[PDB]
S.K.: 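I'd like to talk through a structure of efavirenz bound to reverse transcriptase/ribonuclease H.
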Amino acid sequence: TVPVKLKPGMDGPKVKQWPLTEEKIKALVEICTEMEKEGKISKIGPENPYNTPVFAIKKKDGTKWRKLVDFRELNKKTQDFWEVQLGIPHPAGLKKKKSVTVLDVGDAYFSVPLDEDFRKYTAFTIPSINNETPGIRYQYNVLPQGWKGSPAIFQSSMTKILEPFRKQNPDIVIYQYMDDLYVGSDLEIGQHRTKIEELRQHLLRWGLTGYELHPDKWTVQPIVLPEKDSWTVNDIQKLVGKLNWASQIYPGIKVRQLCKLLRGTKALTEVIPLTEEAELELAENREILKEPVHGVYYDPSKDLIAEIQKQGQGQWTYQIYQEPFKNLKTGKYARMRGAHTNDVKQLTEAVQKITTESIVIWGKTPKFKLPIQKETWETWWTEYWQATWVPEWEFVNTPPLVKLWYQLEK
Amino acid sequence: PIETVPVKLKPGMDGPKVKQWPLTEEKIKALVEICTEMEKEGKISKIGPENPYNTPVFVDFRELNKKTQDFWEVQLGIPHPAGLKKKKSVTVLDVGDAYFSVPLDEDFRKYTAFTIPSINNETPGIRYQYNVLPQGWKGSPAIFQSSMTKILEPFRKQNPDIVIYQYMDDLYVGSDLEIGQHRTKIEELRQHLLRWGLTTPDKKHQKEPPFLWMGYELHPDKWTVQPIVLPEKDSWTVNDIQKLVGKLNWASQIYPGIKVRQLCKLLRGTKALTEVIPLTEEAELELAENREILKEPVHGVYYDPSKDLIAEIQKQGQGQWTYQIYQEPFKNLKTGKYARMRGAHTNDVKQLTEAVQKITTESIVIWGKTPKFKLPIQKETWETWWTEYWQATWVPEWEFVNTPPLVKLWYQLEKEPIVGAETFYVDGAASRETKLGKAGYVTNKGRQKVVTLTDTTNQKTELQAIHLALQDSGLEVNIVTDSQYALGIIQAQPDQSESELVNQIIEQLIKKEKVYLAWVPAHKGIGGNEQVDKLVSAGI
DNA sequence: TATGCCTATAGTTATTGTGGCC
RNA sequence: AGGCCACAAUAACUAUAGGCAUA
Ligand SMILES: O=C1Nc2ccc(Cl)cc2[C@@](C#CC2CC2)(C(F)(F)F)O1
Ligand SMILES: [Ca+2]
Ligand SMILES: [Ca+2]
């Protein structure tokens, strides 16, 4: 056991519970009754003012319902414990590997007891249909999934169990974040699956219990300009408008010679031939887009931001940055192929994929800027959600210029 | 053995040390007789100079409640009669000895101390403190419900076929069993409550099926609100309109066709309690028809878990939508009046989707499942809008229904420039000093026109320029502008009173066959745009 | 950098009213 | 020596993100 205290000045988490479906509530009651008998959670009265949101998700391997508790609010109030007092070290060599496999070890925290005085802050309420019943109340007696302090306390017992694995393979890198474990290796396809099982069989020695990543294949695709045989006034006007906006991102871009092609009032269909200066300016502008831009560096003191744009026809583009117009990582997530996909599902699959990439390279979850309404997102996001983490998100407007620029990306 | 709940105070303050008000003698003689009975029963106990804390008796716990710790919500959202299930027999139970049966935390009992006024000029007096839950206390309804939930648990498990709902002190019990079997099970519930010391009315003292709860008159098969009667003709004042809106919003849950926007437009004015705001012809028009809706009595239907939920949307007017949710035709469960154009403008398709999203969330709270929608919009229009729009959304199940006021997308701009069409370079400039602006256009053919305006901004002058570009042009038109604002509005479909100019441009674009609109960066030296800018900013 | 004027996303504290309650 | 709950309207503070105009 270990004493845990809040950040001085701030009180415990007091968040309103979001309404859930009749099927989801009944599923949560079944799980909470099982955990109550096991000694994981206990019923508490109305004297506890603190509350934490609870949602129901579904898994693929287990195929059954999983309980997800949104500790986003509480994690901001207990940030000094798991970052300053007991911080998890992050290496800069995990981002360079041939194959990376992710495993869930969330059931490991369901054994180590929680601090008595801190048990009251992990309280959560199960909502009722049309508020017929007052609402069932529970609090965690052990380390909960989704709380940042859980891997911080288990860290002292996690390093000792991974020591026989680290001494066996010195060149293989391992990293722990939240309830997920990240293992990277430079081994072959048949070799990778066997070596992961060697660590998986080691987990059973302690007692606790198509998903494969390629971090070397995350190479940034450059923005390519339209290769046209014959240019019209309308083709230049659309190009100049996009390139002038892109000048604040790439300082080398100039539109001076392209603007001199338009002299006086002209029709949009009017065919403008490109001169010696116009061709040489455009060709050099293509070279700046291919080669990475200077002045882009990661800063640990600043928060990470991720913005996603809807392009239509099953195409989504995204940018990862700390400061505006200075992107560290760009690309486009088109679609999960064929079957059944909507605007929410394609966005949900993108957010989870961007978050996973952020943990491998940096080890921090980015602030998500979503082109969706708050009420629309908060209702349907739980249906296609699988991961235990919860990224901090905001809902904003998408400009027309940023949408038309990142579609030229290959 | 009614298990005491541990209660503490707020971190940095002791109990109330507020002194008593001047003695009356007329009320003191009566208070002694009541307090002695409460002491004899075991509700309160005598104390001396021990207790420093005091509470005034009228007992007003206004100062203590602010010092008492925060308790989690008893019941935030109230149950809607539409979400309840249809039952054969229903029974209500008014619990006597409610707060008296449940004892208070022994350590907290000293903060509930109250002193009786003296007989003759500040004489020693008699002091008491609550041993049980007091009336008008912050944690009294919270602990009482928590204690009641633990008592009902064994009965709920033994009888899952029956449904018991708890509200404050009253208990609502309903089942699908016969009147003979139902009456027997209520007595078995009473004997279980009597074990803990909870007084409940007998068979003859029980209330009949017409229950009055939260303004609703409840029945086993249907539900209805109390008849709404309002003061009428003569010129009413400002807050009387606010009282009228409060009644119409209250009636909106059952009465489908309710229009309240014109009364809200009259309340857009500020201040005086007796302004005596007169009516406009359009305001009294929707008020007179709302009187006709409230004439014929209507009723609501209960929820059946077997049948699917069906919701229907109708566009009644400008920024106004009405919905009725039903499982069986003509048998409505709950209606609404969604008209939340939040002082903005928006459109028709997105505003319909914002209506759908509110009902979807409403159905999760009330019934616990998503309803099937029947919208007044075609699948051809829905797909065209949401593919070109940046914002993502999803409606899983919806169908098309033809209603007299259909939702119609007016116009679509061309994706590519039009051949043979006259090119119109357009620009507008204005200064906030004196508020003077100019709007003009320059064509590739040679023709041009510049005008001057009064009381205008840069956003208005650029919008006026395109109006002139559509006024003097033919059918196929190519328009070029340097504003992201002017481009953004026309690319959307503003269905509102976005002031005069916008409605004229929309009306102009319907008349035209094909229109292409493009954007260029300002002050970049682009041919065409440079010539217009010099003309509009000549005196600015 | 400031203020006025546009778009979009998201909220907060007060009043008044309707329906209820202590 | 009115408060609490649900919904609605009015008012006020709006905050964030992007943009235009002038300075
Ligand atoms: O499921 C419902 N069905 C129902 C139908 C009619 C009536 Cl009058 C009452 C109910 C009930 C509820 C009630 C609480 C709202 C007051 C009952 F409390 F159990 F009665 O339960
Ligand atoms: Ca009130
Ligand atoms: Ca700004």
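Numbers restart at 1 for each chain; the letters A, B, ... are given by sequence-line order, proteins then strands. The figures that follow rest on heavy atoms only: side chains count, while hydrogens, waters and symmetry mates do not. For ligands, and for the atoms within them, numbers begin at 1 and follow the listed sequence. This entry, so its header tells us, was determined using X-ray crystallography, 3.3 Å.
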S.K.: Could you list every ligand or chain that corresponds to efavirenz?
M.R.: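 The answer, copies included, is ligand 1.
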S.K.: Are any other chains within heavy-atom reach of efavirenz (ligand 1) at under 4.0 Å, and if so which?
M.R.: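 The other chains in heavy-atom contact are B.
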S.K.: Per the PDB, what name belongs to chain A?
M.R.: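 In the entry it goes by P51 RT.
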S.K.: Define the binding site of efavirenz (ligand 1) at 4.0 Å using heavy atoms, by chain and number.
M.R.: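 By heavy-atom distance, those residues are B/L84, B/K85, B/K87, B/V90, B/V163, B/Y165, B/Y172, B/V173, B/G174, B/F211, B/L218, B/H219, B/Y302.
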